[PDB]
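Complex: RVX-208 / Bromodomain-containing protein 4.
In this chain, numbering begins with 1 at the start of the sequence shown. No hydrogens, no waters, no symmetry mates; every other heavy atom, side chains included, goes into these values. Recorded method for this deposit: X-ray crystallography, 1.2 Å. We count ligands from 1, going down the list as the structure has it; atoms in each ligand are counted the same way.
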Amino acid sequence: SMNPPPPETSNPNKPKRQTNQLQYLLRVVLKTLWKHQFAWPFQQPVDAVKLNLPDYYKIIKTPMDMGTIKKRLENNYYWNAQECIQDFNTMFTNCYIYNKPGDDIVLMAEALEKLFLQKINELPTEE
Ligand SMILES: COc1cc(OC)c2c(=O)[nH]c(-c3cc(C)c(OCCO)c(C)c3)nc2c1
Ligand code: NA
């Protein structure tokens, strides 16, 4: 069994900027979720090999996780807040698509997503 390569976190071909919204995404949004008691399954790519989930990457063709997001923020990968917000939504959506209501991982995702929603509701106006 094999995992795919992780999503990229560096690409000199990609355009990027450092903005007040992206700073908020790191300092407020990512930090809040990262510290949460239920963050840990989401802090790195799903290891479908060790977890014995051989169909994971058959169903999830756009993997995303907060370790990748953290690196993207820290390594100034993004052009705008929407690109980052999309990554968070992909991560949550992947969990809901793969799993079933009431599963522990879904409950965990839902807790993180509640906080995500509240933080992004106060994303500052661009400077
Ligand atoms: C340890 O990190 C994870 C991260 C995950 O997603 C971010 C998942 C995930 O999306 N599903 C599961 C997973 C694993 C098993 C063995 C489960 O029991 C029944 C088989 O379907 C369930 C319901 C979910 N484990 C993750 C572990
Ligand atoms: Na993943």
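The full list of places where RVX-208 can be found here is ligand 1. For RVX-208, the residues with heavy atoms nearer than 4.0 Å are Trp40, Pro41, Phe42, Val46, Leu51, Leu53, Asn99, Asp103, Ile105. Protein heavy atoms come within 4.0 Å of atom 2 (O) of RVX-208. For RVX-208, the atoms closer than 4.0 angstrom to any heavy atom of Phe42 are 7 (C).
Contact atoms of RVX-208 toward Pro41: 2 (O), 3 (C), 4 (C), 7 (C) (distance under 4.0 Å to a heavy atom of the residue). Heavy-atom proximity to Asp103, at under 4.0 Å, picks out these atoms of RVX-208: 23 (C). The shortest contact between atom 10 (O) of RVX-208 and any protein heavy atom is with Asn99 ND2, 2.9 Å. Of all atoms in RVX-208, numbered sequentially from 1 with element shown, those under 4.0 Å from a heavy atom of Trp40 are 1 (C). Among UniProt domains of chain A, the one with most residues near RVX-208 is Bromo 1.
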Provide, line by line, the atom pairs where RVX-208 and the protein bring an N/O atom each to a distance under 3.5 Å; else say none.
from: RVX-208; atom 1: 10 (O); to: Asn99; atom 2: ND2; distance (Å): 2.9
from: RVX-208; atom 1: 11 (N); to: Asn99; atom 2: OD1; distance (Å): 2.9

